[PDB]
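Opening notes on CP-690,550 bound to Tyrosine-protein kinase JAK3.
Heads up, chain A uses the PDB entry numbers, so what you see runs 815-1038, 1044-1098. The figures here come from the full heavy-atom set of this structure, side chains too, leaving out hydrogens, waters and symmetry mates. Counting convention: from 1, in listed order, for ligands and their atoms alike.
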Amino acid sequence: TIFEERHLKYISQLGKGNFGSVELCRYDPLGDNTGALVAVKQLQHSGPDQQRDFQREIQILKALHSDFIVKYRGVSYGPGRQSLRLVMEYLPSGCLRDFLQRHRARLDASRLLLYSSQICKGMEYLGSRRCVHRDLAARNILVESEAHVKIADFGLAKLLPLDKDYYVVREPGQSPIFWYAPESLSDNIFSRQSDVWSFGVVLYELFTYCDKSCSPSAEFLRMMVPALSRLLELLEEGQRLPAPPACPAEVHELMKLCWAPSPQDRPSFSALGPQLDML
Ligand SMILES: C[C@@H]1CCN(C(=O)CC#N)C[C@@H]1N(C)c1ncnc2[nH]ccc12
């Protein structure tokens, strides 16, 4: 699980987010271009707060073992003990947002429900580890195959101490505001139940095939003082994203429950899973 810097050969960018980037590299210790492709995350530049967070992220992912969480492979170092890069499995079908847009006409509602169930199970597992994800969105889901997706980034994830079932951040966060639960917008509170809110938005993303014209940003902005206050207002009045075109009624009802105003009245991932499998 220790990868030597000198054997990581840089090929291409796979994505970026939250002060980090993921690159496609070949781990090629023979130097003949036959080594395994890996996905390698690093900070885009040096930062002391970001480095502390990055080491924590690595320890979170290292301790996750699930069919629905991207596989941790190891780390590369540089000044010891200074983690330079997080090495993960590379899954070439890539991000679910991109995959849905491209294969839209090939994937039916059963496939979307399968993806929904897999994401829900990943999240049930995450919450069992006292991990709050905080950034659940289709952009952070990875496609292993046409019938298998995995939660694939943990840049903002936090571990809940044993005696507190939420965490409050000091500043407002810097993620697109359209996945945030009301209590995160109003009071920077995050919990496993704000993850459920975000999962409702992920269901919306799936059933819109991440179409840009009716995306959470496009549609909320169209429906919508500062933007965050307008969105909070809109949400506090009980307005919600509209059912996606052709959305099964049962799924739309599940989204609405995920979007209960109060965190306590949202269903658990434990409860959602069986309901998704039933559908
Ligand atoms: C959807 C995956 C998680 C989010 N991504 C980031 O780059 C976040 C940052 N920084 C892209 C990544 N993705 C395109 C991947 N694509 C292919 N293999 C991958 N392994 C691990 C991630 C990954």
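- With ligand atoms numbered from 1 in the order given, CP-690,550 contributes 10 (N) to contacts under 4.0 Å with heavy atoms of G834.
- Counting only non-hydrogen atoms, the residues of chain A annotated by UniProt as ATP-binding that lie closer than 4.0 Å to CP-690,550 amount to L828, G829, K830, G831, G834, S835, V836, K855.
- Of the polar atoms of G908, none of the N or O atoms is found under 3.5 Å from an N or O of CP-690,550, judged by distance alone.
- Residues of chain A near CP-690,550 cluster mainly in the UniProt domain Protein kinase 2.
- Between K830 and CP-690,550, a contact under 3.5 Å exists for at least one N or O pair.
- Closest UniProt active-site residue of chain A to CP-690,550 (heavy-atom distance, 1 Å): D949, 7 Å.
- For the residues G969, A966, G831, the heavy atom positioned nearest atom 3 (C) of CP-690,550 is part of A966.
- With a 4.0 Å cut-off on non-hydrogen atoms, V836 touches CP-690,550 through its backbone as well as its side chain.
- Close approach of CP-690,550 to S835 is summarised as follows: ligand atoms under 4.0 Å from at least one heavy atom of the residue are 10 (N).
- Less than 4.0 angstrom separates some heavy atom of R953 from each of these atoms of CP-690,550: 1 (C), 4 (C).
- For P906, no heavy-atom contact with CP-690,550 is shorter than 4.0 Å.
- Remark: CP-690,550 atoms within the under-4.0 Å shell around heavy atoms of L905 are 17 (C), 18 (N).
- For atom 19 (C) of CP-690,550, a protein non-hydrogen atom is found at a distance below 4.0 Å.
- Residue contacts with CP-690,550 for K855 involve side-chain atoms from C-beta outward but no N, CA, C or O (heavy atoms, distance under 4.0 Å).
- Checking only distances, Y904 never comes within under 3.5 Å of CP-690,550, N or O to N or O.
- The organism that the PDB names for chain A is Homo sapiens.
- The binding-site residues for CP-690,550 (non-hydrogen atoms, 4.0 Å) are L828, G829, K830, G831, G834, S835, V836, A853, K855, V884, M902, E903, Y904, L905, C909, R953, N954, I955, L956, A966, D967.
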Put together the list of close N/O pairs, under 3.5 Å, between CP-690,550 and the protein, could you?
unit_1     : atom_1 : unit_2 : atom_2 : d
CP-690,550 : 7 (O)  : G829   : O      : 3.3
CP-690,550 : 7 (O)  : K830   : N      : 3.3
CP-690,550 : 10 (N) : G834   : O      : 3.3
CP-690,550 : 18 (N) : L905   : N      : 3.2
CP-690,550 : 20 (N) : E903   : O      : 2.9

